[PDB]
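This file shows Synaptic vesicular amine transporter complexed with tetrabenazine.
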Amino acid sequence: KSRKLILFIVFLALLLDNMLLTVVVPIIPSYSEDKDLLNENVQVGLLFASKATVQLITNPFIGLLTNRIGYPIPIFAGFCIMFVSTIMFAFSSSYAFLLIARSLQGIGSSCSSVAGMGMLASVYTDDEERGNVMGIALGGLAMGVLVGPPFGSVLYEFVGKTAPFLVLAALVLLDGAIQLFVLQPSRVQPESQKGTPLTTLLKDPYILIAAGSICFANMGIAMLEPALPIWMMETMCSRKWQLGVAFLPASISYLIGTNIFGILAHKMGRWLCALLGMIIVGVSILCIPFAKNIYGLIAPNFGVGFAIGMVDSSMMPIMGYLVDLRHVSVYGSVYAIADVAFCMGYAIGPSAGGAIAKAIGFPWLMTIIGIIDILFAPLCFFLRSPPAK
Ligand SMILES: COc1cc2c(cc1OC)[C@@H]1CC(=O)[C@@H](CC(C)C)CN1CC2
């Protein structure tokens, strides 16, 4: 039982965090051109930036400690610091709550995302199994961002009060209970002692090319989402029906990307899904400067969400293959590098990177984050055969 059931646990533990981070979307409206939103965004920019820096600064401290504690207690902090955040939103009268309420969730996201991916890395040892399995587990992000806003928005308008958080606190304790049974995560058990120290993974070039590819893929969508024309007009008229829908294309395309390139990327060679993984991000972003209508953003969202899925699902199992080929196999830490790289685009990119566009115009910030991705694609020639220890 245990091998296969931990995929269902880590899928659900990624789904609920990725649904919870996204159900705040139709709530945000309570607080001349499609990219001028860079200037209106700054309040919303801080809601994307806060979760991702508090999650990012935590990744070394969860990833390192996972080796000392054992995996199960970090996954339980992943359920729990995210659950107490779910309950916190249920009486958020002001932005303050939202901002801090997010901060607690960031820690839960780390606790869940690093230790859960390390649990799949530890448990699924063969590359074909680990590719199919991590592609399906990363399908938790892709299903969470899709499922969450349509459900959250319909409850927020039709049922009212703060209902979309109480019904999610119902589903989060169901996952927490299923962890208490399936993992038996109430015991103190350490991992193989004094394994690879993170500075030595960070000084090996071959892990950086994979982590960098996971980061630079996310950076293209991280500048885009905070500054969509989705926040101001929606209060006034029946166009509010678009408030939850705008992520649906990027989050169907991620699902098919992480699900298909969970199986196919192993077979063709995963390096070609960083090369054709960031060529597609870059060219999909490069259609944004020719949009002048929100419908014109549906096409570039779909190729970004697909290509994010093709990179993540191909490069997350490369983290495991590299510690299995150049280092010592304790995955408490390498997934700390992979997850800060995933996360950092949302931490840094919206606000610190948003300062680029205001002096220049925003179609230049989008076109350049596009080229930085087509230029990264040939750098993965180092991942054809990482030379053995
Ligand atoms: C309201 O806040 C947030 C909203 C959203 C995200 C993150 C947020 O906060 C940090 C995720 C993060 C991801 O994983 C990407 C999934 C895509 C490729 C389908 C992009 N966006 C989708 C919406």
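Note that chain A carries the PDB entry numbering, so the residues on display, from first to last, are 17-47, 119-476. According to its header, this structure was worked out by electron microscopy, 3.1 Å. When a ligand or atom number is given, it counts from 1 through the structure's own listing order.
According to UniProt's serotonin-binding annotation of chain A, the residues with a heavy atom under 4.0 Å from tetrabenazine (ligand 1) are as follows: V232, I308, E312, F334, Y433.
Taking UniProt's transmembrane segments of chain A in order from the N terminus, the ones with heavy atoms closer than 4.0 Å to tetrabenazine (ligand 1) are 1, 2, 5, 7, 8, 10, 11.
The residues of other chains having a heavy atom under 4.0 Å from tetrabenazine (ligand 1) are listed as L37, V40, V41, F135, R189, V232, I308, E312, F334, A337, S338, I395, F429, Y433.
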